[PDB]
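The following structure holds 10-1074.
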Amino acid sequence: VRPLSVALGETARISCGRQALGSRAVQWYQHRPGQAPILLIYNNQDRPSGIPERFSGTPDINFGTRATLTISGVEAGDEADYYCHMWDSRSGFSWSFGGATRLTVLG
Amino acid sequence: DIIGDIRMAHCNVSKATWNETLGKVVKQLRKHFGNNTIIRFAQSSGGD
Amino acid sequence: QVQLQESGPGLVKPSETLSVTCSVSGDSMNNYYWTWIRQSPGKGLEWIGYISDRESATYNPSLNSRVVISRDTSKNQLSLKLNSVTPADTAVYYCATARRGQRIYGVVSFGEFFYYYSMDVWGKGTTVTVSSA
Amino acid sequence: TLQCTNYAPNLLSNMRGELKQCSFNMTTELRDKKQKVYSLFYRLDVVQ
Ligand SMILES: *[C@@H]1O[C@H](CO)[C@@H](O[C@@H]2O[C@H](CO)[C@@H](O[C@@H]3O[C@H](CO[C@H]4O[C@H](CO)[C@@H](O)[C@H](O)[C@@H]4O)[C@@H](O)[C@H](O[C@H]4O[C@H](CO)[C@@H](O)[C@H](O)[C@@H]4O[C@H]4O[C@H](CO)[C@@H](O)[C@H](O)[C@@H]4O)[C@@H]3O)[C@H](O)[C@H]2NC(C)=O)[C@H](O)[C@H]1NC(C)=O
Ligand SMILES: *[C@@H]1O[C@H](CO)[C@@H](O[C@@H]2O[C@H](CO)[C@@H](O)[C@H](O)[C@H]2NC(C)=O)[C@H](O)[C@H]1NC(C)=O
Ligand SMILES: *[C@@H]1O[C@H](CO)[C@@H](O)[C@H](O)[C@H]1NC(C)=O
Ligand SMILES: *[C@@H]1O[C@H](CO)[C@@H](O)[C@H](O)[C@H]1NC(C)=O
Ligand SMILES: *[C@@H]1O[C@H](CO)[C@@H](O)[C@H](O)[C@H]1NC(C)=O
(Lines of atoms letter the chains of each structure in order from A and count residues from 1; the text may use other names and numbers.)
(Lines give C-alpha, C1' and ligand atoms only; values in the text may rest on other atoms or scores of the structure.)
(Ligands and ions follow the chains in the order given, each with its own letter.)
Protein backbone atom coordinates (compact mmCIF):
# COMPACT_ATOMS: atom_id res chain seq x y z
CA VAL A 1 0.00 0.00 0.00
CA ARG A 2 1.67 3.18 -1.25
CA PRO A 3 0.50 6.79 -1.70
CA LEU A 4 0.86 9.27 -4.55
CA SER A 5 -0.37 12.84 -4.99
CA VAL A 6 -1.02 14.94 -8.12
CA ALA A 7 -2.63 18.39 -8.26
CA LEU A 8 -5.68 19.35 -10.31
CA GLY A 9 -5.60 19.46 -14.09
CA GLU A 10 -2.27 17.90 -15.05
CA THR A 11 -1.53 14.30 -15.98
CA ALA A 12 -0.57 11.44 -13.69
CA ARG A 13 1.65 8.45 -14.43
CA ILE A 14 1.32 5.26 -12.38
CA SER A 15 3.21 1.98 -12.84
CA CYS A 16 2.96 -1.23 -10.84
CA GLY A 17 5.92 -2.48 -8.88
CA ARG A 18 5.95 -6.04 -10.17
CA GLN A 19 8.83 -6.52 -12.58
CA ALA A 20 7.28 -7.77 -15.79
CA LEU A 21 9.29 -10.39 -17.66
CA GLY A 22 8.14 -11.68 -21.03
CA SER A 23 5.15 -10.80 -23.13
CA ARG A 24 2.97 -8.50 -21.06
CA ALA A 25 -0.78 -8.79 -20.75
CA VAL A 26 -2.05 -6.71 -17.86
CA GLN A 27 -5.33 -5.36 -16.54
CA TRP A 28 -6.15 -2.20 -14.61
CA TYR A 29 -8.98 -2.11 -12.11
CA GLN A 30 -10.42 0.66 -9.95
CA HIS A 31 -11.97 0.15 -6.52
CA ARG A 32 -13.66 2.95 -4.65
CA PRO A 33 -14.11 2.01 -0.96
CA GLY A 34 -17.53 0.45 -0.53
CA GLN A 35 -18.38 0.47 -4.24
CA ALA A 36 -17.73 -2.25 -6.81
CA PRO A 37 -14.48 -2.83 -8.73
CA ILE A 38 -14.66 -1.61 -12.31
CA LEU A 39 -12.43 -2.60 -15.19
CA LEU A 40 -10.46 0.02 -17.07
CA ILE A 41 -7.88 -1.46 -19.47
CA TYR A 42 -7.48 -5.01 -20.73
CA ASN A 43 -4.98 -6.56 -23.17
CA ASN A 44 -2.72 -3.48 -22.86
CA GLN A 45 -4.60 -1.41 -25.46
CA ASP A 46 -8.29 -2.23 -25.37
CA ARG A 47 -11.14 -0.59 -23.51
CA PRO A 48 -14.73 -1.59 -22.69
CA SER A 49 -17.60 0.68 -23.60
CA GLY A 50 -18.49 3.33 -21.04
CA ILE A 51 -14.97 4.61 -20.28
CA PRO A 52 -13.81 8.06 -21.45
CA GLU A 53 -10.73 8.60 -23.59
CA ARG A 54 -8.57 9.93 -20.79
CA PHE A 55 -7.16 6.48 -19.95
CA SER A 56 -4.22 5.11 -21.92
CA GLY A 57 -1.78 2.32 -21.19
CA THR A 58 1.30 1.18 -23.11
CA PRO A 59 1.36 -0.89 -26.31
CA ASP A 60 3.39 -4.04 -25.72
CA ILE A 61 5.84 -3.88 -28.63
CA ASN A 62 9.66 -4.15 -28.50
CA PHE A 63 10.20 -5.84 -25.11
CA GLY A 64 12.23 -4.01 -22.49
CA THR A 65 9.76 -1.36 -21.34
CA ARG A 66 7.80 -0.85 -18.13
CA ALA A 67 4.03 -1.12 -18.16
CA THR A 68 2.44 2.09 -16.91
CA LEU A 69 -0.93 3.82 -16.87
CA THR A 70 -1.27 7.49 -17.79
CA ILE A 71 -4.39 9.54 -17.08
CA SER A 72 -5.11 13.10 -18.18
CA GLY A 73 -7.65 15.63 -17.00
CA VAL A 74 -7.79 14.54 -13.38
CA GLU A 75 -10.85 15.37 -11.29
CA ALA A 76 -12.17 15.11 -7.74
CA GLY A 77 -13.64 11.60 -7.89
CA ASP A 78 -10.29 10.20 -9.06
CA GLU A 79 -9.36 9.10 -5.55
CA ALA A 80 -9.80 5.30 -5.55
CA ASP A 81 -7.04 2.72 -5.26
CA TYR A 82 -5.70 1.05 -8.37
CA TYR A 83 -4.44 -2.43 -9.16
CA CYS A 84 -2.08 -3.91 -11.73
CA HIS A 85 -3.06 -7.52 -12.34
CA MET A 86 -0.21 -9.04 -14.33
CA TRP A 87 0.29 -12.06 -16.59
CA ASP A 88 3.28 -13.25 -18.61
CA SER A 89 4.67 -16.34 -20.32
CA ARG A 90 7.33 -17.38 -17.82
CA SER A 91 5.89 -17.02 -14.32
CA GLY A 92 2.94 -19.31 -14.89
CA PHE A 93 -0.52 -19.03 -13.43
CA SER A 94 -0.89 -16.09 -11.06
CA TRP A 95 -3.23 -15.73 -8.11
CA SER A 96 -2.58 -12.41 -6.39
CA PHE A 97 -3.13 -8.82 -7.48
CA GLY A 98 -0.46 -6.70 -5.81
CA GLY A 99 -0.10 -3.64 -3.64
CA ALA A 100 -2.61 -0.89 -4.31
CA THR A 101 -1.26 2.55 -5.22
CA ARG A 102 -3.40 5.12 -3.43
CA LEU A 103 -4.07 8.22 -5.50
CA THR A 104 -4.64 11.42 -3.52
CA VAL A 105 -5.55 14.38 -5.71
CA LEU A 106 -5.24 17.82 -4.12
CA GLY A 107 -6.60 21.26 -4.94
CA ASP B 1 20.88 -16.61 -19.05
CA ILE B 2 17.73 -15.88 -21.06
CA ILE B 3 16.44 -12.36 -21.62
CA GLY B 4 13.04 -12.47 -23.25
CA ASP B 5 10.91 -15.51 -24.02
CA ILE B 6 11.62 -19.22 -23.78
CA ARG B 7 11.01 -20.55 -27.28
CA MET B 8 12.07 -23.58 -29.32
CA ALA B 9 14.26 -23.54 -32.40
CA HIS B 10 12.56 -24.73 -35.56
CA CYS B 11 12.72 -24.88 -39.34
CA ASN B 12 10.14 -23.97 -41.98
CA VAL B 13 9.71 -25.11 -45.57
CA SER B 14 7.25 -24.14 -48.29
CA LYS B 15 4.60 -26.83 -48.43
CA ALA B 16 3.41 -26.83 -52.04
CA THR B 17 6.79 -26.86 -53.77
CA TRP B 18 8.04 -29.70 -51.58
CA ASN B 19 5.05 -31.83 -52.52
CA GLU B 20 5.63 -31.03 -56.19
CA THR B 21 9.28 -32.00 -55.79
CA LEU B 22 8.35 -35.36 -54.30
CA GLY B 23 5.84 -35.88 -57.10
CA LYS B 24 8.55 -35.21 -59.65
CA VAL B 25 11.08 -37.57 -58.11
CA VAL B 26 8.65 -40.47 -57.92
CA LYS B 27 7.96 -40.11 -61.64
CA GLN B 28 11.66 -40.53 -62.36
CA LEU B 29 11.81 -43.46 -59.92
CA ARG B 30 9.11 -45.52 -61.68
CA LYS B 31 11.34 -46.31 -64.67
CA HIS B 32 12.84 -49.30 -62.82
CA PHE B 33 9.73 -50.83 -61.24
CA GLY B 34 7.08 -51.12 -63.95
CA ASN B 35 4.16 -48.76 -64.16
CA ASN B 36 2.00 -49.75 -61.18
CA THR B 37 3.78 -50.48 -57.92
CA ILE B 38 2.90 -48.85 -54.61
CA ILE B 39 5.54 -46.31 -53.56
CA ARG B 40 5.58 -45.36 -49.89
CA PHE B 41 7.86 -43.09 -47.87
CA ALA B 42 8.55 -43.62 -44.18
CA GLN B 43 10.55 -42.27 -41.26
CA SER B 44 14.04 -43.29 -40.18
CA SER B 45 14.90 -46.61 -38.55
CA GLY B 46 17.26 -46.15 -35.61
CA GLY B 47 20.89 -45.50 -34.80
CA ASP B 48 22.33 -42.54 -32.98
CA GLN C 1 -26.97 -8.31 -19.81
CA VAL C 2 -26.08 -9.95 -16.48
CA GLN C 3 -27.12 -8.62 -13.07
CA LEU C 4 -25.83 -9.85 -9.71
CA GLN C 5 -27.32 -9.92 -6.22
CA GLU C 6 -26.05 -11.69 -3.12
CA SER C 7 -27.45 -13.62 -0.15
CA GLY C 8 -25.60 -14.23 3.10
CA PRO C 9 -26.22 -15.22 6.73
CA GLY C 10 -24.32 -12.22 8.09
CA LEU C 11 -23.29 -13.17 11.64
CA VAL C 12 -22.16 -16.78 12.20
CA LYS C 13 -20.10 -18.07 15.14
CA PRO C 14 -16.72 -19.59 14.17
CA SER C 15 -15.74 -23.23 13.58
CA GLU C 16 -18.91 -23.62 11.51
CA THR C 17 -20.06 -23.66 7.89
CA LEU C 18 -20.37 -20.41 5.90
CA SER C 19 -22.61 -20.50 2.82
CA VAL C 20 -23.13 -17.34 0.76
CA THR C 21 -24.93 -17.35 -2.58
CA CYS C 22 -25.11 -14.90 -5.47
CA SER C 23 -28.19 -14.68 -7.69
CA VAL C 24 -27.82 -14.50 -11.47
CA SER C 25 -30.49 -12.52 -13.30
CA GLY C 26 -30.74 -11.31 -16.88
CA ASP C 27 -28.91 -14.09 -18.71
CA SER C 28 -27.80 -17.69 -18.26
CA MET C 29 -24.43 -19.22 -17.40
CA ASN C 30 -23.70 -21.23 -20.56
CA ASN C 31 -20.28 -19.76 -21.43
CA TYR C 32 -19.49 -17.35 -18.60
CA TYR C 33 -16.87 -18.32 -16.04
CA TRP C 34 -17.58 -17.54 -12.41
CA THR C 35 -15.18 -16.41 -9.69
CA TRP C 36 -15.17 -15.18 -6.10
CA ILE C 37 -13.39 -12.23 -4.46
CA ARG C 38 -12.60 -11.68 -0.78
CA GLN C 39 -11.76 -8.20 0.54
CA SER C 40 -10.64 -8.11 4.17
CA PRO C 41 -9.86 -4.88 6.06
CA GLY C 42 -6.20 -4.18 6.73
CA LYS C 43 -4.97 -5.62 3.43
CA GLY C 44 -5.60 -5.62 -0.31
CA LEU C 45 -7.87 -7.71 -2.48
CA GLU C 46 -7.75 -11.49 -2.66
CA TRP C 47 -8.91 -13.91 -5.33
CA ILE C 48 -10.31 -17.28 -4.31
CA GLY C 49 -11.11 -19.62 -7.18
CA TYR C 50 -13.22 -20.20 -10.23
CA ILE C 51 -15.33 -22.73 -12.10
CA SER C 52 -16.22 -23.32 -15.74
CA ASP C 53 -18.44 -25.46 -17.97
CA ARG C 54 -16.26 -28.51 -17.28
CA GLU C 55 -16.93 -27.82 -13.54
CA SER C 56 -13.31 -27.50 -12.42
CA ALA C 57 -13.23 -26.28 -8.82
CA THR C 58 -9.70 -24.89 -8.97
CA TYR C 59 -8.56 -23.55 -5.61
CA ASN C 60 -5.88 -21.18 -4.43
CA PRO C 61 -3.19 -23.36 -2.78
CA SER C 62 -2.79 -20.69 -0.08
CA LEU C 63 -6.28 -21.58 1.22
CA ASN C 64 -5.72 -25.26 2.25
CA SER C 65 -8.84 -26.38 0.27
CA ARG C 66 -11.14 -25.39 3.15
CA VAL C 67 -13.67 -23.94 0.68
CA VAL C 68 -16.11 -25.65 -1.69
CA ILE C 69 -17.46 -24.28 -4.98
CA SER C 70 -21.05 -25.11 -5.86
CA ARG C 71 -22.93 -24.17 -9.02
CA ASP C 72 -26.57 -24.68 -10.00
CA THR C 73 -27.73 -24.32 -13.60
CA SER C 74 -31.04 -26.04 -12.84
CA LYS C 75 -32.17 -22.98 -10.87
CA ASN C 76 -29.55 -20.37 -11.91
CA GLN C 77 -27.52 -19.92 -8.73
CA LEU C 78 -23.97 -20.16 -7.41
CA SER C 79 -23.00 -21.27 -3.94
CA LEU C 80 -20.00 -21.22 -1.64
CA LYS C 81 -19.32 -23.62 1.21
CA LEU C 82 -16.64 -22.87 3.80
CA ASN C 83 -15.68 -25.67 6.18
CA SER C 84 -13.45 -25.51 9.29
CA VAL C 85 -13.54 -21.74 9.31
CA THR C 86 -11.40 -19.24 11.22
CA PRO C 87 -12.43 -16.21 13.29
CA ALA C 88 -10.06 -14.14 11.09
CA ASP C 89 -11.95 -13.99 7.79
CA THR C 90 -14.53 -11.25 8.42
CA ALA C 91 -14.87 -9.80 4.93
CA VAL C 92 -17.24 -8.64 2.23
CA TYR C 93 -17.50 -11.22 -0.54
CA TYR C 94 -18.06 -10.74 -4.26
CA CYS C 95 -19.63 -12.81 -7.03
CA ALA C 96 -18.29 -11.62 -10.37
CA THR C 97 -18.01 -13.19 -13.81
CA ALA C 98 -14.92 -13.63 -15.95
CA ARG C 99 -14.03 -14.37 -19.56
CA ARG C 100 -11.12 -16.39 -20.93
CA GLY C 101 -8.86 -14.81 -23.49
CA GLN C 102 -5.87 -16.55 -25.02
CA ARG C 103 -2.66 -14.98 -26.23
CA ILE C 104 -0.42 -16.81 -28.68
CA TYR C 105 3.09 -15.44 -29.10
CA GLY C 106 5.12 -18.13 -30.85
CA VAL C 107 3.81 -21.09 -32.80
CA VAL C 108 0.55 -22.81 -32.01
CA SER C 109 1.78 -26.35 -32.62
CA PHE C 110 4.10 -26.32 -29.60
CA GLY C 111 1.55 -25.12 -27.05
CA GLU C 112 3.50 -21.86 -26.94
CA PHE C 113 0.85 -19.71 -25.26
CA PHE C 114 -1.08 -19.22 -22.05
CA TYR C 115 -4.48 -18.12 -20.77
CA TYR C 116 -5.65 -15.09 -18.83
CA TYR C 117 -8.91 -14.31 -17.05
CA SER C 118 -10.48 -10.85 -17.17
CA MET C 119 -13.27 -9.88 -14.78
CA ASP C 120 -15.53 -7.27 -16.35
CA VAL C 121 -18.96 -7.53 -14.69
CA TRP C 122 -18.92 -7.25 -10.91
CA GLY C 123 -21.28 -7.51 -7.96
CA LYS C 124 -22.21 -4.98 -5.31
CA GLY C 125 -21.03 -7.34 -2.55
CA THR C 126 -22.37 -8.12 0.93
CA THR C 127 -20.66 -8.13 4.31
CA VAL C 128 -20.38 -11.36 6.29
CA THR C 129 -18.57 -11.34 9.64
CA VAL C 130 -17.78 -14.08 12.14
CA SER C 131 -17.76 -13.52 15.88
CA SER C 132 -17.29 -15.78 18.89
CA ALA C 133 -19.43 -13.32 20.87
CA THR D 1 30.48 -32.86 -9.44
CA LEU D 2 27.60 -30.61 -10.45
CA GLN D 3 24.84 -29.55 -8.09
CA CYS D 4 22.04 -28.76 -10.47
CA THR D 5 18.29 -28.23 -10.76
CA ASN D 6 15.66 -27.39 -13.36
CA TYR D 7 15.60 -23.83 -14.66
CA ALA D 8 12.34 -22.11 -15.55
CA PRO D 9 9.90 -24.15 -13.44
CA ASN D 10 6.05 -24.18 -13.63
CA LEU D 11 6.21 -23.75 -17.42
CA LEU D 12 3.41 -25.26 -19.49
CA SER D 13 4.97 -24.99 -22.96
CA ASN D 14 6.73 -27.70 -24.95
CA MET D 15 10.27 -26.90 -23.83
CA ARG D 16 10.32 -28.11 -20.23
CA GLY D 17 12.85 -30.92 -19.83
CA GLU D 18 15.66 -28.86 -21.30
CA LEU D 19 17.44 -25.91 -19.66
CA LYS D 20 18.91 -27.18 -16.41
CA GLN D 21 20.68 -24.67 -14.16
CA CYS D 22 23.81 -25.99 -12.48
CA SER D 23 26.54 -24.70 -10.18
CA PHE D 24 30.10 -25.86 -9.67
CA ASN D 25 33.56 -24.77 -8.49
CA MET D 26 36.57 -23.87 -10.58
CA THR D 27 40.13 -22.78 -9.88
CA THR D 28 41.26 -19.22 -10.54
CA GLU D 29 44.68 -17.82 -11.42
CA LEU D 30 45.75 -18.19 -7.81
CA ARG D 31 45.96 -21.91 -7.17
CA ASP D 32 45.06 -21.45 -3.51
CA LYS D 33 41.82 -19.59 -4.21
CA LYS D 34 38.67 -21.08 -5.69
CA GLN D 35 35.61 -19.63 -7.35
CA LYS D 36 31.86 -20.21 -7.43
CA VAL D 37 29.89 -19.78 -10.65
CA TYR D 38 26.35 -20.18 -11.97
CA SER D 39 25.59 -21.46 -15.46
CA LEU D 40 23.12 -23.30 -17.67
CA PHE D 41 23.20 -26.43 -19.82
CA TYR D 42 20.88 -28.28 -22.15
CA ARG D 43 19.47 -31.69 -21.31
CA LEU D 44 21.45 -33.76 -23.79
CA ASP D 45 24.85 -33.18 -22.16
CA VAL D 46 24.29 -33.86 -18.45
CA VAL D 47 23.70 -37.24 -16.82
CA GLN D 48 22.75 -37.91 -13.22
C1 LIG E 1 7.81 -20.58 -39.44
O2 LIG E 1 6.46 -20.74 -39.78
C3 LIG E 1 5.56 -20.54 -38.68
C4 LIG E 1 4.17 -20.84 -39.19
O5 LIG E 1 3.29 -21.07 -38.10
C6 LIG E 1 5.70 -19.13 -38.12
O7 LIG E 1 4.91 -19.09 -36.93
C8 LIG E 1 4.28 -17.81 -36.73
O9 LIG E 1 5.15 -17.05 -35.90
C10 LIG E 1 4.72 -15.71 -35.65
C11 LIG E 1 5.78 -15.07 -34.79
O12 LIG E 1 5.52 -15.31 -33.41
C13 LIG E 1 3.34 -15.69 -34.99
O14 LIG E 1 2.94 -14.33 -35.02
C15 LIG E 1 2.13 -13.90 -33.90
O16 LIG E 1 0.87 -13.66 -34.43
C17 LIG E 1 -0.11 -13.33 -33.48
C18 LIG E 1 -1.41 -13.30 -34.23
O19 LIG E 1 -2.31 -12.41 -33.58
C20 LIG E 1 -3.17 -11.64 -34.48
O21 LIG E 1 -2.66 -11.58 -35.87
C22 LIG E 1 -3.40 -12.14 -37.05
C23 LIG E 1 -3.33 -11.12 -38.17
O24 LIG E 1 -2.09 -10.44 -38.09
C25 LIG E 1 -4.84 -12.56 -36.73
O26 LIG E 1 -5.27 -13.47 -37.72
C27 LIG E 1 -4.89 -13.25 -35.39
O28 LIG E 1 -6.15 -13.86 -35.20
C29 LIG E 1 -4.61 -12.24 -34.32
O30 LIG E 1 -5.60 -11.24 -34.48
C31 LIG E 1 0.22 -11.98 -32.88
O32 LIG E 1 -0.68 -11.78 -31.82
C33 LIG E 1 1.69 -11.92 -32.38
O34 LIG E 1 2.08 -10.55 -32.24
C35 LIG E 1 1.91 -10.05 -30.90
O36 LIG E 1 3.00 -10.42 -30.09
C37 LIG E 1 4.32 -10.00 -30.52
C38 LIG E 1 5.26 -10.39 -29.43
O39 LIG E 1 4.63 -10.08 -28.20
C40 LIG E 1 4.33 -8.49 -30.75
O41 LIG E 1 5.54 -8.16 -31.39
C42 LIG E 1 3.15 -8.10 -31.65
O43 LIG E 1 3.17 -6.71 -31.90
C44 LIG E 1 1.84 -8.54 -31.03
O45 LIG E 1 1.82 -7.93 -29.74
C46 LIG E 1 0.77 -6.94 -29.62
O47 LIG E 1 0.59 -6.17 -30.84
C48 LIG E 1 -0.68 -5.46 -31.10
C49 LIG E 1 -0.34 -4.08 -31.63
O50 LIG E 1 -1.47 -3.24 -31.44
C51 LIG E 1 -1.57 -5.40 -29.86
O52 LIG E 1 -2.78 -4.78 -30.21
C53 LIG E 1 -1.83 -6.85 -29.40
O54 LIG E 1 -2.64 -6.86 -28.24
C55 LIG E 1 -0.54 -7.67 -29.16
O56 LIG E 1 -0.53 -7.91 -27.76
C57 LIG E 1 2.71 -12.63 -33.31
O58 LIG E 1 3.00 -11.71 -34.33
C59 LIG E 1 2.35 -16.56 -35.77
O60 LIG E 1 1.13 -16.73 -35.06
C61 LIG E 1 2.93 -17.94 -36.04
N62 LIG E 1 2.00 -18.74 -36.82
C63 LIG E 1 1.16 -19.62 -36.26
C64 LIG E 1 0.25 -20.35 -37.20
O65 LIG E 1 1.14 -19.80 -35.05
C66 LIG E 1 7.16 -18.81 -37.82
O67 LIG E 1 7.34 -17.43 -37.54
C68 LIG E 1 8.05 -19.16 -39.00
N69 LIG E 1 9.45 -18.94 -38.67
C70 LIG E 1 10.33 -18.49 -39.56
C71 LIG E 1 11.73 -18.31 -39.06
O72 LIG E 1 10.02 -18.24 -40.71
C1 LIG F 1 32.69 -25.93 -3.80
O2 LIG F 1 33.46 -26.70 -3.04
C3 LIG F 1 33.05 -26.79 -1.68
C4 LIG F 1 34.16 -27.57 -1.00
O5 LIG F 1 33.67 -28.75 -0.38
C6 LIG F 1 31.67 -27.45 -1.59
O7 LIG F 1 30.88 -27.01 -0.49
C8 LIG F 1 31.28 -26.81 0.88
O9 LIG F 1 30.60 -27.70 1.75
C10 LIG F 1 30.93 -27.55 3.14
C11 LIG F 1 30.18 -28.63 3.89
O12 LIG F 1 28.86 -28.77 3.39
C13 LIG F 1 30.56 -26.14 3.61
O14 LIG F 1 30.97 -25.98 4.96
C15 LIG F 1 31.25 -25.11 2.72
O16 LIG F 1 30.81 -23.80 3.08
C17 LIG F 1 30.94 -25.36 1.25
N18 LIG F 1 31.66 -24.42 0.40
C19 LIG F 1 31.18 -23.95 -0.75
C20 LIG F 1 32.06 -22.99 -1.49
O21 LIG F 1 30.08 -24.29 -1.19
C22 LIG F 1 30.73 -27.16 -2.76
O23 LIG F 1 29.99 -28.33 -3.08
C24 LIG F 1 31.38 -26.62 -4.05
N25 LIG F 1 30.45 -25.71 -4.70
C26 LIG F 1 29.84 -25.97 -5.85
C27 LIG F 1 28.90 -24.91 -6.35
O28 LIG F 1 30.03 -27.01 -6.47
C1 LIG G 1 12.21 -17.61 -45.74
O2 LIG G 1 13.10 -16.49 -45.65
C3 LIG G 1 13.21 -15.72 -46.85
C4 LIG G 1 14.27 -14.68 -46.62
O5 LIG G 1 14.40 -13.81 -47.74
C6 LIG G 1 11.85 -15.12 -47.20
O7 LIG G 1 11.96 -14.41 -48.43
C8 LIG G 1 10.81 -16.22 -47.33
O9 LIG G 1 9.52 -15.65 -47.52
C10 LIG G 1 10.79 -17.11 -46.08
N11 LIG G 1 9.82 -18.19 -46.20
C12 LIG G 1 9.83 -19.20 -47.10
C13 LIG G 1 8.69 -20.16 -46.99
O14 LIG G 1 10.71 -19.33 -47.95
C1 LIG H 1 0.41 -33.03 -53.37
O2 LIG H 1 0.41 -32.71 -54.75
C3 LIG H 1 -0.52 -33.44 -55.57
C4 LIG H 1 -0.24 -33.01 -57.00
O5 LIG H 1 0.14 -34.12 -57.80
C6 LIG H 1 -1.93 -33.12 -55.11
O7 LIG H 1 -2.85 -33.88 -55.89
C8 LIG H 1 -2.08 -33.49 -53.64
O9 LIG H 1 -3.36 -33.10 -53.17
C10 LIG H 1 -1.00 -32.81 -52.78
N11 LIG H 1 -1.09 -33.21 -51.38
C12 LIG H 1 -0.92 -34.45 -50.87
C13 LIG H 1 -1.09 -34.55 -49.39
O14 LIG H 1 -0.66 -35.44 -51.56
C1 LIG I 1 5.10 -46.60 -67.76
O2 LIG I 1 4.08 -45.76 -68.32
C3 LIG I 1 4.55 -44.82 -69.29
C4 LIG I 1 3.39 -43.91 -69.61
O5 LIG I 1 3.82 -42.73 -70.27
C6 LIG I 1 5.04 -45.61 -70.50
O7 LIG I 1 5.50 -44.71 -71.50
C8 LIG I 1 6.18 -46.54 -70.07
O9 LIG I 1 6.55 -47.35 -71.18
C10 LIG I 1 5.78 -47.43 -68.88
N11 LIG I 1 6.96 -48.12 -68.37
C12 LIG I 1 6.98 -49.40 -67.99
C13 LIG I 1 8.29 -49.91 -67.48
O14 LIG I 1 5.99 -50.12 -68.07
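Just so we're on the same page: letters track the sequence lines, and every chain starts at 1. A fraction of the deposited model is presented, and contact counting is confined to that fraction. No hydrogens, no waters, no symmetry mates; every other heavy atom, side chains included, goes into these values.
All instances of 10-1074 are found at chains A and C. At a heavy-atom cut-off of 4.5 Å, the other chains in contact with 10-1074 are listed as B, D. In this deposit, the organism assigned to chain B is Human immunodeficiency virus 1. Ranked by heavy-atom pairs under 4.5 Å with chain B, the first chain of 10-1074 is chain A.
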